Amino acid sequence: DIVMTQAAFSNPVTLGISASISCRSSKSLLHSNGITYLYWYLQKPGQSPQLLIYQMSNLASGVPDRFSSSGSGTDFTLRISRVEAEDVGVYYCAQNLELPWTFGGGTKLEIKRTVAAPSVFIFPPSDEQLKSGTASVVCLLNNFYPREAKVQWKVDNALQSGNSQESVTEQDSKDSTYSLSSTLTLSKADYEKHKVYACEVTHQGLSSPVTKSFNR
Amino acid sequence: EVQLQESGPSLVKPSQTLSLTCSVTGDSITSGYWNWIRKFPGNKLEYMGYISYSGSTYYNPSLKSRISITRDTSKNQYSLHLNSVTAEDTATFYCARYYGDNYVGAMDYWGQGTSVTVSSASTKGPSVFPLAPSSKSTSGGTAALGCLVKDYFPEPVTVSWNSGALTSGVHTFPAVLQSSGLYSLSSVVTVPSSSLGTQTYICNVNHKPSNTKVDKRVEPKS
Ligand SMILES: CCC(=O)N(c1ccccc1)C1CCN(CCc2ccccc2)CC1
């Protein structure tokens, strides 16, 4: 019934330092019996949540000794010593001093690695898709950091205001990069009105915008 | 250790009752406490309730009027029923074990989670299109190729490559709703350029809600 609050959406950190993720509760989690009913869970990309720490001071089985919980009463911190690339994921605090269990909104741990430019790849539509009356053009930005990137579609040098959408991977657990797709979809009739299809990419690691294009 | 597996429909119509089942192996549900939690699309977690080793039940007061939990001890399964659902109930639903007592314990083992979407729309299976490798998708000795998995409903879809033999360099992007209200995603892989001459690349796509299952060979293009 207690409100659990994790003010930060994300916590960027460099490798090898101690990270700290904050959690606050609306009432003390300390029982008269001396136990603080605070828990920490981690949800790594693509996995279910997993228990890290239970009742403030106990490590779950299999969890490395680099995780510890500090604070008292209503203000707590999860500390991760010597952060590793594989630590990325969403960290949730939780309590069960009073039922129901309640959870913080999560804080995503992010590795600050060196800036890395995207490799930009472009895929024209398949004959199979065209035979069905639509054309999807896919621009791929592979293995870059930071996550922020601008992808613009230009058709015969005309900037496109719509008809595209993006998807971004979670930060990779091994190389700390992101990848991104931008997909432009047109009717086959509209696709065949134009010649040159191009995605123009802006990113911290590029000294100027990069365009990859093909001629239909 | 203990293994928990959620099952049930991936799509439920609004106003209907949603029912899910958690199958437990490696432990008996006649000891401990057995929980349901859900994760909303924006990552907020909500505890729903538990059924105890004795069959007694606890429900989150915010949900008490809409939920029932049941069990079948012979099958070592327990179930969640959520009444009168709306799109506000769309979430990933988890079962999880609580080990311990009123004094000391934790929710330790969670299931893998199962997606449930609340909509009156009919299921739709994906079209699977090749993303063909070409010089437009290569950098030196590295080539990218993939599969576009387009116009399906609801989540989830699973994608593998060469029946799981190819995992290095694979990115399967999160599905994103299109302006049609249907999902689309690509799965891509980066491979040595030279391999394109003798290695075949096949994406395996499985969309269980619509009974669509497709293997698509991805050939080089000029
Ligand atoms: C999922 C089950 C669950 O989380 N719990 C549970 C466990 C057994 C039976 C009923 C509910 C909570 C466990 C922690 N306690 C802390 C409160 C407290 C502290 C000291 C002495 C007595 C009570 C609250 C209930």
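Each chain gets a letter, A, B and so on, in the order the sequences are listed, and its residues count up from 1. Technique stated in the header: X-ray crystallography, 1.8 Å. Side chains included, hydrogens not; waters and symmetry mates left out as well; all remaining heavy atoms used. In listed order, ligands and their atoms are each counted from 1.
According to the PDB, the drug at ligand 1 is fentanyl.
The chain in largest contact with fentanyl (ligand 1) bears the name, in the PDB entry, of HY6-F9.6 Fab heavy chain. Other chains making heavy-atom contacts shorter than 4.0 Å with fentanyl (ligand 1): A, B.
Given atom 17 (C) of fentanyl (ligand 1), the protein heavy atom at minimum distance is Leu97(A) O, 3.3 Å. Fentanyl (ligand 1) has no nitrogen or oxygen under 3.5 angstrom from a nitrogen or oxygen of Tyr50(B). Here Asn33(A) has side-chain heavy atoms under 4.0 Å from fentanyl (ligand 1), and that is the only part of it that gets that close.
The residue among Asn102(B), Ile51(B), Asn96(A) with a heavy atom at the shortest distance from atom 6 (C) of fentanyl (ligand 1) is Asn102(B). Using a 4.0 Å cut-off to heavy atoms of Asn35(B), the atoms of fentanyl (ligand 1) that qualify are 1 (C). The entry names the source of chain B as Mus musculus. In the PDB entry, the name given to chain A is HY6-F9.6 Fab light chain. The protein heavy atom nearest to atom 9 (C) of fentanyl (ligand 1) is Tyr33(B) OH, 3.2 Å. Heavy-atom proximity to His31(A), at under 4.0 Å, picks out these atoms of fentanyl (ligand 1): 19 (C), 20 (C). Distances from fentanyl (ligand 1) to the non-hydrogen atoms of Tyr47(B) include at least one value under 4.0 Å. Under a 4.0 angstrom heavy-atom cut-off, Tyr58(B) registers as lying outside contact with fentanyl (ligand 1). Contact atoms of fentanyl (ligand 1) toward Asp101(B): 7 (C), 8 (C), 13 (C) (distance under 4.0 Å to a heavy atom of the residue). Protein heavy atom at the shortest distance from atom 3 (C) of fentanyl (ligand 1) is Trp101(A) NE1, 3.9 Å. Binding site of fentanyl (ligand 1), heavy atoms within 4.0 Å: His31(A), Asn33(A), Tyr37(A), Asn96(A), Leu97(A), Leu99(A), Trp101(A), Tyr33(B), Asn35(B), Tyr47(B), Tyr50(B), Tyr98(B), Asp101(B), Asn102(B), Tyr103(B).
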